[PDB]
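Input: a single structure, listed below in structure tokens.
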Protein chains: 4
Amino acid sequence: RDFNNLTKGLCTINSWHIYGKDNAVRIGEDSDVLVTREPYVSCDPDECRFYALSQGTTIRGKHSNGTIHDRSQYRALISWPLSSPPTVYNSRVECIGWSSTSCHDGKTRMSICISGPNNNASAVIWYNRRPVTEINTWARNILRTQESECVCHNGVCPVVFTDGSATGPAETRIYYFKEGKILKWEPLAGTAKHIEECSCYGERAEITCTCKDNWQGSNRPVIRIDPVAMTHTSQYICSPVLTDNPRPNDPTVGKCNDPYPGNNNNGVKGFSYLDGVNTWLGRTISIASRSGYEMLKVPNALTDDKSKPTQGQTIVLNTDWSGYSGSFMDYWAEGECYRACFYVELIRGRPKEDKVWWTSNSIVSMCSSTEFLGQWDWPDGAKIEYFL
Amino acid sequence: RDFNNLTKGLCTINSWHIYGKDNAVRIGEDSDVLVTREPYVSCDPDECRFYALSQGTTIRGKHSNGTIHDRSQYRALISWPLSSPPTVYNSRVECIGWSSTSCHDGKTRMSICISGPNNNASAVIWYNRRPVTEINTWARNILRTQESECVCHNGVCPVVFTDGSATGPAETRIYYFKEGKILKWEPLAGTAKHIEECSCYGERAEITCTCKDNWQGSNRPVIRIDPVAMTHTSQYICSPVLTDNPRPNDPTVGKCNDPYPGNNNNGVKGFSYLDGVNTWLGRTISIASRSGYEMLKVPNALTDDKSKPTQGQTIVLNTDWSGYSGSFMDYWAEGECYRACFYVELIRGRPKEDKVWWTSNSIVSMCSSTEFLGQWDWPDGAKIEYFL
Amino acid sequence: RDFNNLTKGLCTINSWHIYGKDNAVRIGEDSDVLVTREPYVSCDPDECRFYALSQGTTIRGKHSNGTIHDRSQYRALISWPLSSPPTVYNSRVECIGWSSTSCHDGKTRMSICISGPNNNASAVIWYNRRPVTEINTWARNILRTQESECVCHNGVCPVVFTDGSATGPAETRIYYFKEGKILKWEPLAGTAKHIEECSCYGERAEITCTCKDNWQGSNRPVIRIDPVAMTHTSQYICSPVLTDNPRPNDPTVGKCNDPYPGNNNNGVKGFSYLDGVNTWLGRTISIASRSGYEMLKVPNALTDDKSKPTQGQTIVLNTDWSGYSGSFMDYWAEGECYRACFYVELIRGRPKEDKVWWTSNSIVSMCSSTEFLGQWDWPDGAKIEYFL
Amino acid sequence: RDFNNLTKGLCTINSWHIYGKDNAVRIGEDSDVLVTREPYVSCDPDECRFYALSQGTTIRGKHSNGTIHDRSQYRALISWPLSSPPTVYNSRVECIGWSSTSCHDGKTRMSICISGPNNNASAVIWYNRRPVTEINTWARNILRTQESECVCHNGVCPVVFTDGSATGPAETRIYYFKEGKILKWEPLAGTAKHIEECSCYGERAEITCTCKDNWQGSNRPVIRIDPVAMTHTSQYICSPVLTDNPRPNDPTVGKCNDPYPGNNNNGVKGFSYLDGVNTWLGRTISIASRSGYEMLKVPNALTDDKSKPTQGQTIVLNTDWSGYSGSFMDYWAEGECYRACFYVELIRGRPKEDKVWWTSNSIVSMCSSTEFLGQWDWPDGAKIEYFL
Ligand SMILES: *[C@@H]1O[C@H](CO)[C@@H](O[C@@H]2O[C@H](CO)[C@@H](O[C@@H]3O[C@H](CO[C@H]4O[C@H](CO)[C@@H](O)[C@H](O)[C@@H]4O)[C@@H](O)[C@H](O[C@H]4O[C@H](CO)[C@@H](O)[C@H](O)[C@@H]4O[C@H]4O[C@H](CO)[C@@H](O)[C@H](O)[C@@H]4O[C@H]4O[C@H](CO)[C@@H](O)[C@H](O)[C@@H]4O)[C@@H]3O)[C@H](O)[C@H]2NC(C)=O)[C@H](O)[C@H]1NC(C)=O
Ligand SMILES: *[C@@H]1O[C@H](CO)[C@@H](O[C@@H]2O[C@H](CO)[C@@H](O[C@@H]3O[C@H](CO[C@H]4O[C@H](CO)[C@@H](O)[C@H](O)[C@@H]4O)[C@@H](O)[C@H](O[C@H]4O[C@H](CO)[C@@H](O)[C@H](O)[C@@H]4O[C@H]4O[C@H](CO)[C@@H](O)[C@H](O)[C@@H]4O[C@H]4O[C@H](CO)[C@@H](O)[C@H](O)[C@@H]4O)[C@@H]3O)[C@H](O)[C@H]2NC(C)=O)[C@H](O)[C@H]1NC(C)=O
Ligand SMILES: *[C@@H]1O[C@H](CO)[C@@H](O[C@@H]2O[C@H](CO)[C@@H](O[C@@H]3O[C@H](CO[C@H]4O[C@H](CO)[C@@H](O)[C@H](O)[C@@H]4O)[C@@H](O)[C@H](O[C@H]4O[C@H](CO)[C@@H](O)[C@H](O)[C@@H]4O[C@H]4O[C@H](CO)[C@@H](O)[C@H](O)[C@@H]4O[C@H]4O[C@H](CO)[C@@H](O)[C@H](O)[C@@H]4O)[C@@H]3O)[C@H](O)[C@H]2NC(C)=O)[C@H](O)[C@H]1NC(C)=O
Ligand SMILES: *[C@@H]1O[C@H](CO)[C@@H](O[C@@H]2O[C@H](CO)[C@@H](O[C@@H]3O[C@H](CO[C@H]4O[C@H](CO)[C@@H](O)[C@H](O)[C@@H]4O)[C@@H](O)[C@H](O[C@H]4O[C@H](CO)[C@@H](O)[C@H](O)[C@@H]4O[C@H]4O[C@H](CO)[C@@H](O)[C@H](O)[C@@H]4O[C@H]4O[C@H](CO)[C@@H](O)[C@H](O)[C@@H]4O)[C@@H]3O)[C@H](O)[C@H]2NC(C)=O)[C@H](O)[C@H]1NC(C)=O
Ligand SMILES: *[C@@H]1O[C@H](CO)[C@@H](O[C@@H]2O[C@H](CO)[C@@H](O)[C@H](O)[C@H]2NC(C)=O)[C@H](O)[C@H]1NC(C)=O
Ligand SMILES: *[C@@H]1O[C@H](CO)[C@@H](O[C@@H]2O[C@H](CO)[C@@H](O)[C@H](O)[C@H]2NC(C)=O)[C@H](O)[C@H]1NC(C)=O
Ligand SMILES: CCC(CC)[C@H](NC(C)=O)[C@@H]1[C@H](O)[C@@H](C(=O)O)C[C@H]1NC(=N)N
Ligand SMILES: CCC(CC)[C@H](NC(C)=O)[C@@H]1[C@H](O)[C@@H](C(=O)O)C[C@H]1NC(=N)N
Ligand SMILES: CCC(CC)[C@H](NC(C)=O)[C@@H]1[C@H](O)[C@@H](C(=O)O)C[C@H]1NC(=N)N
Ligand SMILES: CCC(CC)[C@H](NC(C)=O)[C@@H]1[C@H](O)[C@@H](C(=O)O)C[C@H]1NC(=N)N
Ligand SMILES: [Ca+2]
Ligand SMILES: [Ca+2]
Ligand SMILES: [Ca+2]
Ligand SMILES: [Ca+2]
Ligand SMILES: [Ca+2]
Ligand SMILES: [Ca+2]
Ligand SMILES: [Ca+2]
Ligand SMILES: [Ca+2]
Ligand SMILES: [Ca+2]
């Protein structure tokens, strides 16, 4: 009943344990499972749930045809019980739109959905399941946001938005909301040259967001926000362990204040936990496509431009499809530290599997362990041939 | 735990933002979605839900054949979570019947359902999910009511009913209920000549209802109710911007105290927000059929017989089917004013799409913003060819 | 939180209004609706629900074949929200068995299910959703009970059971339970010669049960129970308006203390409200089969052997199938009197409709009004041809 | 709100009454029922639920093919309302994995799921629906646990795990958890030579577990745990009434401190209630396959190596398939004693019914009665031919 404060630091990450997995595409082959994409996980004080952008049709439905498309009037942010699949009957609509973010401040939840045509989109900010504030596009070119949870501190929940070209300079803004109202907003500052789809987490009154430089960088831009002062900084992960996709092969020295070149106008949402020697980066295994997923322990990745891995864990084999990935934590758990968690979107269907006419995904999610646990791989598990 | 009082005025409407959309016909192509019509939205102090008259069959079910019919023994008022579709498994039956209204008074909900043959229908008034009062037909010709939410003030919830011919003078009554009991009723007074399907909202201890003159008027009749004195007045929207359907082309001067002629014996349920310069009217785009939907800002529409639009917003393109529309507000929201909202029923199937043997709909709903937001169009989205 | 006491009398019954209807067979043609039979309605202090004996299969399922059978290991007492259909996903299992009763005492619910082979059945009495007491068959011939709600007074909930032949003298017992424990039991006394499937209601600290004399009577046996003294009496409804089925044509004088002859070894569960001039009897319209349903006002039917109808209401046309019927009331409603209610089981399938291989039903239920309301008829509504 | 203490003794078992049955395979022939195996039952202070390991697909789904397999990435521990079937829409995922246990301590529930490849599995211990502790494999050979509920006393919930060969000596550990944290662990001691899948219950501050000696014994190993001292003992049921499967014919003298020989490297999870003369053993009827199920009253079975049955009850006929069986009790029921309960997994499909490509099960469960109740048999009830 009081706003949550980010008073703890991250727990020591020595490995990752399975947290949730919905097997949605497998189950949806013969049950009323909604087509989704851009999933994430977010916790309330008494429950943690899966979230995603529905496409407003089931996977077996005839309206699944054409669901590779990103922005239609039939999309909505939905949430559903942890590890169940997103069904027609258990999915709760949080708001209507084709780009979203959502977070609980300790008292209630803020959810944000953006909708509209490319040149006239608008964000609606919901708080306590009611619409409170609206924001019109400022650059008239696909106003858009995180696609994973936001983070709050003493009621202030910063959110990163981008409006403008995805393949050149754009207008990124950091909005500071409280009870769904705008306290302040600032234009992006720092050395990040382009920002998309930030994945954020909080610890010791600081919010760290790992984003995607769609324009030029194969290294990831990082925004660090002070939610009390309502100010931020930006840079890139200095490490040569490159974590966007597609991307060039890893070098031996990265770039701290500029995009690491080699691949232009493409990328995938991803994340990292940046905490000195307790630093872990996620990335696709393939440098060319959204296939495979691994976690690499890269001490001081944010600030050391020669930092390389000292430990790792395979999450998804390179022979299995992956997709977006993002961070979340259960800020209401017991204990002295916050346990880092992440999800990986396992994309099925188009464009990589074009024998089917749809595009959907399932979710797998892990949280850190202080033990050094054995590893397994966690594929989507569905057989495309069954849907033919 | 206290009855709600209409103490606030309307927020300034500068545009409309998306509030909810269930994509029911799209989803129902491959899931157990009930056939409905005559939908609406209504809020409780802790939740807002979609409501509609079920036809007692799913859309893919063989019993969907013949659902163009208005009044069968298989209909019921159902409610379901905001923006989910009306499924067999998540729909809550409020009462049995083929005409309804429902509203929360701040303590609990009153729901009214009318059933019976044309010459012997009766209304049952439920309060706190129990039947409390019954009213027999008084004119023996399809006793019927709003098809959208009623409004309460200090426990008094006025409801408009009509019994008698739909194409000549009829017997309209305004009932004032409190805890599901009849405090008083009055025959319609004022200059409205015929009343059907009123759409109501409340602000500053006054309830305004925009209804449909099925007999002669293409302008809409308006009933204004004082819920404390339990008295009312009636007139027509004076504006030349005609909002029924079908309707003749717009003139330059309307009629305040008589039906605007040109079209007889037909009409569609609709609504308006009448608040001086903050006045917005909804209407179908087509003058001939239930196609398209737009909101027009028409300053002083109620009292100015030459008032024309000063701003507008397209909700549904004229190349997409629309249908009934009505008003509702979240009277339990935070803030200093009541935010105007509306829904549009998107009718699919018969009679306009007769390759299918059913008639159903989906819902789209918006609420006002004080920003001037970009506009999008919101069609039902289902492909009729898939149901063949 | 206190046990309910039967302190009120019945409201004056001047007509019947629609209360609930699930349209289960119609909806179940294309959705996962369980096959049932022997339904009823029962209220808790905060909700009223539909109850029935599942057959442990959906209607469209291949295991629906053979569901005319009464007693299998796949049956269970289930409950579900008022007017929704009994689906796989919303049905709550109360206990396992093929004969049941259930009632709320004001604090929590007692549910009783009987299971077993014909010569070795046993009743399990559940209280607060936990098994508390068990009763073994005493006559080794289909131990069985009401098939509709029981009634409680100050925690004492009497229940009528029968064990022994259905076509000759049997051993009927009245058990008085409190918190699921046996306080006392008594053998049937009075002039009723055979008792089956009692339908009960309570008012002014007396419980009245209208049962079925399967052996010889076409008039119905009546048991009146004093739940404080834990004693009872039995007789038959004296009226010549005969209410079992099948039955001979109505005479002009009935029998008070013996079975009215003409039909042997058959019958249907039914009910009545016996309250002086406020007396209403339900019955099938047909004298030969379970078809049609009507309510007849028969002043002093219990004690006047020449009493005939003074008013009536058709519930189901004689061209539509009916079935079991029973009484229930919402003992937790507001107001000064208890409103009489009843349900009618609308049986579909075998044996009357043998083109399908299943037997199921839907439910329709009404409650009394003090108004003289217009009447409608309420058929099941499903088209058997669709299931072929 | 206080930890539960095992202060009561067992009620006198004079017979068994039906408690729950989900008919999952029958219902799942035409509804969205998940494929499962390794089910169990466990109670919270306010509800009792069915639990099982999902296979992450429905039974009618094409992904049901291959579900004989024990350990995939698509398995999860799920729970669902007592006697309903495990559907896609009502099943709650407790954790991800292919081996589990779960128990309520009076304050909240602890659930444990093991996942991973055979040589690198790990257990995750959840408490209050959040991950708290992780345990890595210690013998690198299928770390695994009970497959039925654990038992708590004053917050201490002992759990038995095994890691290592299933057909030779292995490394069994007894972990003592409290609030999901490890208080202590001990290696197995006593004369049991191999332990698998323990079935446990508690009474008078002692926890008794009946397990399976997969390696050499056809008699069952028994572990008795003192949850206060956090110590244990082990032996075998001395009785000649052999209760594993497959097994040799019963001798006249059993073995107390060594495996009863005749069958190697196979077995089925089972259980017993060991309480002096109030001792009842469950077993398959067949000595060769998982067919039939019976309860036998065998006074002093644990300590008397010549003890034979004095009473019995058939649960499942030998012409019907059975499977795993385990113990649970409602520790929060009213009364002076704990009522012994058990479930039997009714396995359908492979390997015994190989015309279908799946393996699943339904559940039947009973609790003891102090009456001597008539017996019935409770088969799964589904017709395999319908799934072809
Ligand atoms: C039971 O489970 C346990 C626990 O999971 C298992 O133990 C785990 O085993 C893992 C696999 O060996 C291991 O993970 C590796 O950790 C390495 C770090 O450790 C080593 O180095 C440190 C530092 O010197 C030592 O202290 C330590 O002792 C070790 O020697 C990582 O380096 C590994 O990652 C690299 O390899 C994999 C391929 O295996 C790549 O996918 C990965 O991206 C890394 O390599 C690429 O990137 C680097 C960095 O730029 C390049 O230098 C390199 O050339 C590669 O680049 C190519 O590939 C990438 C990706 O495609 C591409 O972008 C690029 O352009 C190039 O083409 C790996 O993470 C766990 O740490 C270990 N855990 C523990 C606790 O022990 C155990 O095996 C299991 N048991 C059984 C029996 O199965
Ligand atoms: C990004 O989004 C923003 C925000 O949504 C977009 O900006 C919006 O743009 C809208 C479209 O232009 C605009 O809506 C129009 O507003 C007009 C009022 O503004 C004009 O007049 C006022 C008053 O003088 C000026 O102050 C102002 O500056 C403007 O000049 C309305 O008049 C418009 O409605 C009329 O036109 C549409 C067709 O476009 C009809 O559907 C509608 O019914 C109205 O016209 C009929 O009715 C009138 C009244 O009787 C008749 O006079 C007229 O002849 C028409 O009658 C025929 O048609 C009807 C209907 O079929 C029939 O019944 C009748 O019989 C006749 O056959 C319209 O509402 C928004 O206000 C504007 N918002 C803002 C904040 O700017 C922006 O464009 C987007 N950007 C991009 C790049 O897309
Ligand atoms: C709008 O709705 C309103 C309200 O519903 C409608 O008004 C209702 O109209 C109903 C139909 O007319 C009416 O119900 C009838 O009531 C009769 C009692 O009223 C009459 O008698 C009293 C006493 O003298 C007068 O005071 C009063 O003014 C009336 O004259 C009942 O007697 C009626 O039931 C009998 O008829 C029906 C057939 O219509 C049978 O189904 C029924 O079982 C009864 O008859 C059988 O049983 C009796 C008793 O033994 C026998 O004597 C008789 O021969 C019949 O027996 C055969 O049939 C049975 C059944 O199959 C079989 O077992 C037996 O062996 C024999 O074969 C009937 O109940 C409502 O009371 C009335 N309500 C009000 C408030 O007015 C209005 O019409 C609607 N408007 C429109 C325009 O539709
Ligand atoms: C109404 O319901 C009531 C209540 O349920 C019914 O009454 C019940 O009737 C049951 C069936 O008769 C009965 O159960 C039997 O109880 C026997 C114990 O009672 C007898 O012995 C005691 C001790 O002397 C006496 O005091 C008592 O009066 C009785 O005489 C058990 O011994 C029975 O189990 C044995 O038989 C069944 C076959 O019927 C086997 O399945 C079972 O495993 C037992 O036999 C095997 O095991 C023993 C022990 O090692 C061997 O000695 C024996 O040779 C068998 O071994 C072969 O088979 C096993 C299993 O396949 C295999 O592993 C082995 O290698 C060998 O091949 C049985 O449990 C209930 O107690 C009784 N209840 C009451 C309260 O009365 C009533 O009948 C019903 N009414 C109607 C009309 O139906
Ligand atoms: C709506 O207005 C009525 C007064 O007109 C308020 O009613 C009073 O409420 C208080 C609190 O329960 C009582 O002590 C009075 O007896 C109430 N009755 C009247 C008629 O005076 C009501 O509280 C107002 N609602 C809200 C939400 O404030
Ligand atoms: C189970 O036994 C323990 C005592 O061994 C009880 O614990 C005490 O409970 C009271 C009430 O909360 C506290 O004041 C004590 O501090 C508790 N702790 C101990 C270890 O003493 C517990 O209440 C018992 N459970 C029930 C349901 O009675
Ligand atoms: C055109 C801008 C893109 C972000 C860099 C685009 N975002 C939106 C709001 O459309 C994403 C991108 O095209 C898709 C992907 O790369 O997987 C997802 C897609 N995201 C969503 N549909 N929500
Ligand atoms: C005959 C009277 C009509 C109202 C003016 C009629 N109302 C009823 C209760 O039947 C409506 C009208 O026929 C249909 C429509 O125009 O869309 C809906 C239909 N409304 C409903 N079925 N609830
Ligand atoms: C053989 C005894 C009958 C009661 C007089 C019989 N009751 C039971 C428990 O089987 C009923 C009768 O055969 C069926 C009917 O007449 O509709 C229902 C059937 N009732 C149930 N299946 N619950
Ligand atoms: C290889 C070890 C076996 C236990 C002795 C094995 N356990 C696991 C975790 O795989 C079980 C056994 O193979 C199957 C059975 O006998 O029915 C179930 C299977 N149990 C599970 N799948 N959970
Ligand atoms: Ca470089
Ligand atoms: Ca990039
Ligand atoms: Ca004019
Ligand atoms: Ca009109
Ligand atoms: Ca289906
Ligand atoms: Ca006679
Ligand atoms: Ca009879
Ligand atoms: Ca021996
Ligand atoms: Ca063995």
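So you know, we letter chains A, B, ... as the sequences are listed, proteins then strands, and number each from 1. Side chains are part of it too, since the values below use all heavy atoms of this structure and drop only hydrogens, waters and symmetry mates. Counting starts at 1 for both ligands and their atoms, following the listed order. Determination method: X-ray crystallography, 1.9 Å.
- Looking only at contacts, the largest set of contacts to ligand 10 comes from what UniProt names Neuraminidase.
- Out of peramivir, alosetron, exemestane, nordihydroguaiaretic acid, deoxycorticosterone, what sits at ligand 10 is peramivir.
- Going by heavy atoms, the other chains that come closer than 4.0 Å to peramivir (ligand 10) are D.
- Heavy-atom contacts of peramivir (ligand 10) within 4.0 Å involve D:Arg37, D:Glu38, D:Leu53, D:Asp70, D:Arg71, D:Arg75, D:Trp98, D:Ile142, D:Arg144, D:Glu147, D:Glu196, D:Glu197, D:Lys212, D:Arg290, D:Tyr324.
- D:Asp70 OD2, 4.3 Å is the protein heavy atom nearest to atom 6 (C) of peramivir (ligand 10).
- Nearest protein heavy-atom contact of atom 10 (O) of peramivir (ligand 10) is D:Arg71 NH1, 2.9 Å.
- From the protein, the heavy atom lying nearest to atom 16 (O) of peramivir (ligand 10) is D:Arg290 NH2, 2.9 Å.
- Among the UniProt-annotated Ca(2+)-binding residues of chain D, none has a heavy atom closer than 4.0 Å to peramivir (ligand 10).
- Close approach of peramivir (ligand 10) to D:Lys212 (heavy-atom distance below 4.0 Å) involves ligand atoms 5 (C).
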